[PDB]
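A quick write-up on the structure given underneath.
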Amino acid sequence: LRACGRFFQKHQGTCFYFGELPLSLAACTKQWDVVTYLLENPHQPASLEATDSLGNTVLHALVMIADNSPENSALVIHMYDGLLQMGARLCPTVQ
Amino acid sequence: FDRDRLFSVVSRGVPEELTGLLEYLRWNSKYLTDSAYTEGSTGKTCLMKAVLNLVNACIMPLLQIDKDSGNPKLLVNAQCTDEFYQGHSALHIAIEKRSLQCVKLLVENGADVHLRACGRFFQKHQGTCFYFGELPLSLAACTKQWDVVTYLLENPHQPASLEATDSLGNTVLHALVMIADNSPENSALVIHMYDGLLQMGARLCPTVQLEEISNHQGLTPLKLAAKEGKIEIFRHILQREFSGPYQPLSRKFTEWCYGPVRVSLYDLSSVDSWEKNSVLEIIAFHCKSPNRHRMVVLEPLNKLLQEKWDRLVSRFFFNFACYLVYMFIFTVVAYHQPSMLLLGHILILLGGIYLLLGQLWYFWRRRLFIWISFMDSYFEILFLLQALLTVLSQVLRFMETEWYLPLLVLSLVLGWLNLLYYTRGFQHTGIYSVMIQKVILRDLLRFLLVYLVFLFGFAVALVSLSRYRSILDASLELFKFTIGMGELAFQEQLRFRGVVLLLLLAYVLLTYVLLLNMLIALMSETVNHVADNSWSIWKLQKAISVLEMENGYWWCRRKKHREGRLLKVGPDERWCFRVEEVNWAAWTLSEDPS
Amino acid sequence: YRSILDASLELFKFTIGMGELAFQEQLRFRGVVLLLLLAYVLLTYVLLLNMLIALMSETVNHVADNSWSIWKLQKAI
Amino acid sequence: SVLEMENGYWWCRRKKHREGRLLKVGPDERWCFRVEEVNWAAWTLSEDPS
Ligand SMILES: C=C(C)[C@@H]1CCC(C)=C[C@H]1c1c(O)cc(CCCCC)cc1O
Ligand SMILES: C=C(C)[C@@H]1CCC(C)=C[C@H]1c1c(O)cc(CCCCC)cc1O
Ligand code: NA
């Protein structure tokens with residue numbers, strides 16, 4: 001399900017652009033346990049290649065939320081490699 | 001004997017020597033509290049001496065023997081009569097000595113916990129003094145004795161009153177503000193006591209709002225902190241949050257949280273400029289502390305001022321445009337001073353009266369601001385000076401004095417100086433204008449006095465020795481060396497040709513010493529300059545500008561809307577200002593974000 | 001002193017150190033024009049030196065790597 | 001500057017008073033200079049402050 005509201009869009013005012021998918025929300029909020037369960041759910045697994053309203057994937061959302069802060073940079077970097085590592089096991093063919 | 005006998009005994013603390021002559025108090029018909037036994041130098045009594053020497057095992061027997069005699073005035077409530085040390089009691093000594101046990105004995109024996117020490121030592125003096133307030137309750141809080149104050153407030157007999165005021169109307173919270181000195185140790189001491197008293201205030205006096213109590217000068221503890229310059233305690237009070245039991249005691253709340261995005265609700269009970277005599281008005285004008293600019297950059301104050309500034313940018317630039325149009329007429333009228341010219345002079349006369357009335361009203365509203373901080377209101381006098389001269393110049397023209405032309409052009413050049421006042425509205429040159437007077441003018445004034453001493457000192461010697469012809473001309477020629485147009489040469493017709501050149505050569509060398517050292521003198525100011533200090537001054541300058549123009553023009557006192565939104569916290573309604581922040585290291589009033 | 005172009009041109013010559021200030025004897029207001037001219041000369045020293053100080057802080061509070069990185073970007077473009 | 005001018009002018013060698021107050025420490029009398037300071041991190045010859 002996609003949250004295409006004005007609050008979830010990249011606004012200059014009040015907003016929070018975590019992407020558009022529940023999978024992106026878990027990655028942007030630093031919940032490794034949720035995303036692992038969502039991807040490896042035996043029923044209705046989340047798709048890594050699912051795109052947002054702007055075409056952004058899970059990896060794209062990690063780039064947008066980056067703010068070069070020392071805490072944020074560790075959050076984005078740690079999630080980026082983890083999703084890539086999990087991507088090989090889940091979708092080896094998809095780059 | 002008697003006075004000398006008792007003081008020596010109580011100093012050692014032996015109660016055995018105290019036994020005997022106790023019945024002599026009734027036999028001699030003399031009271032212990034009377035002037036015979038207390039020292040006439042300062043009114044100090046034996047009980048005060050006993051409390052001073054420590055717990056003195058003689059405290060209880062001394063109070064025991066007093067009640068045996070018939071004393072109309074209780075000894076434990078005796079007050080020192082010395083003017084310098086007036087109002088001090090044995091209870092104050094026990095609190096000062098950090099003796100919790102001693103305080104208990106006096107309190108359990110009927111000590112008054114509301115005695116006021118109104119001596120010169122306890123007043124806010126520039127010399128020797130210690131202003132802890134005026135009450136025993138305030139002394140414990142200011143001396144960082146949490147055990148004493150808890151016992152005093154929760155004493156089963158004669159509990160201390162939190163709302164008791166000092167001689168200046170200061171309460172316990174007010175005394176904490178005054179003793180603050182922004183020191184890292186002092187700030188922790190004041191902050192820790194301030195929240196503790198507030199937390200204990202809810203349990204003891206739930207109905208009484210201690211924060212809203214004002215002293216004899218009508219200042220709440222939050223307002224008093226802003227005026228006195230105590231930024232450290234002021235920052236803590238401005239944004240304050242607590243747990244569930246003390247949630248209403250807080251001032252900063254969270255409306256909703258969604259991931260890293262958070263919104264904060266700072267209270268504006270006495271901070272918003274809508275209410276008369278607010279924190280913003282006190283900080284900008286009434287406050288005179290050197291660290292005045294460090295307050296307007298606080299977390300809730302910076303956002304509130306920026307929000308107010310944006311809503312009045314057009315009005316600020318409208319005034320600048322109107323003033324610019326005023327000088328478009330003024331410059332042309334001055335250029336063609338000797339049909340529409342009569343219309344031009346009419347508009348100039350009205351313009352001069354217009355600014356004169358507005359500036360007079362500005363000075364009528366506030367006068368201490370100019371005296372307290374001349375640097376902040378430097379342009380206030382200049383606008384008044386230009387307006388007064390322009391109005392006066394038009395009067396002389398109508399009076400047929402023929403004396404107006406020098407004055408009319410003076411307002412032209414002086415007014416164009418006032419155009420630089422509006423440069424504070426631009427972030428680029430507004431910060432740049434800070435060093436125009438704050439950094440440069442604070443030291444370059446001294447050089448001018450030095451230069452004229454050298455200029456006139458050499459000018460008299462040059463003209464006298466050469467008799468180059470007049471004092472005005474000799475000084476004028478010496479001044480031309482500064483602009484690089486000086487004419488030095490070996491005169492052949494001079495009576496002393498070599499000597500006048502030597503003095504002239506000496507003068508030229510001194511200016512290079514003077515000018516380069518002046519360049520070096522102000523060099524250190526730029527090198528040893530804090531970047532945030534210059535930025536903070538500009539923020540204060542905008543804060544003063546918006547506050548003055550928020551009241552509207554002099555003829556039209558336009559009503560001001562109240563910033564913030566009224567909403568219920570939990571049923572109490574408090575106006576709050578939304579501040580939205582994003583925190584990624586974090587790993588609610590309402591549920592749905594808005 | 002006679003035309004707006006000439007008066008501004010003479011005032012500009014003070015910046016290059018070629019300004020001609022003197023006590024005129026034929027002027028109707030001899031002392032007043034000198035006072036305004038003297039005031040103008042003082043302001044340029046305030047203006048120019050403060051401008052030297054204003055850009056002084058940029059050099060003092062300057063990062064060495066920042067200037068070098070700009071040149072690398074310039075070559076990259 | 002103050003030391004040179006404390007001796008007075010050349011013609012009039014004015015007498016100089018002794019700074020400080022004579023008082024007993026404990027019986028030894030030593031001139032002392034009062035310095036008053038406020039310390040909030042601390043948490044006596046005479047009893048009564050003056
Ligand atoms: C070094 C400086 C700052 C200037 C720079 C220009 C030149 C040629 C002269 C130098 C100079 C001296 O080197 C020494 C003095 C002191 C002598 C004055 C009284 C005899 C003045 C003096 O302008
Ligand atoms: C110290 C500076 C920066 C310059 C250096 C050269 C000399 C002789 C003048 C000094 C000076 C003042 O010391 C003060 C002012 C302000 C007065 C202007 C309006 C009356 C200007 C002004 O150039
Ligand atoms: Na030059």
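Labels below follow one simple rule: chain letters A, B, ... track the order of the sequence lines, proteins then strands, and each chain is numbered from 1. Whatever order the structure lists them in is the order used to number ligands and atoms, beginning at 1. As a textbook-style caveat: the illustration shows part of the entry, and contacts are counted within that part alone.
PDB records name the drug found at ligand 2 as cannabidiol.
At a heavy-atom cut-off of 4.0 Å, other chains contacting cannabidiol (ligand 2): B, C. Residues of other chains with a heavy atom under 4.0 Å from cannabidiol (ligand 2): B:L444, B:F447, B:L448, B:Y451, B:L515, B:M518, C:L42, C:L43, C:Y45, C:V46. The PDB entry identifies the source organism of chain B as Rattus norvegicus.
In this structure, no other ligands or ions lie under 4.0 Å from cannabidiol (ligand 2). Per UniProt's numbering from the N terminus, the transmembrane segments of chain B showing a non-hydrogen atom under 4.0 Å from cannabidiol (ligand 2) are 5, 6.
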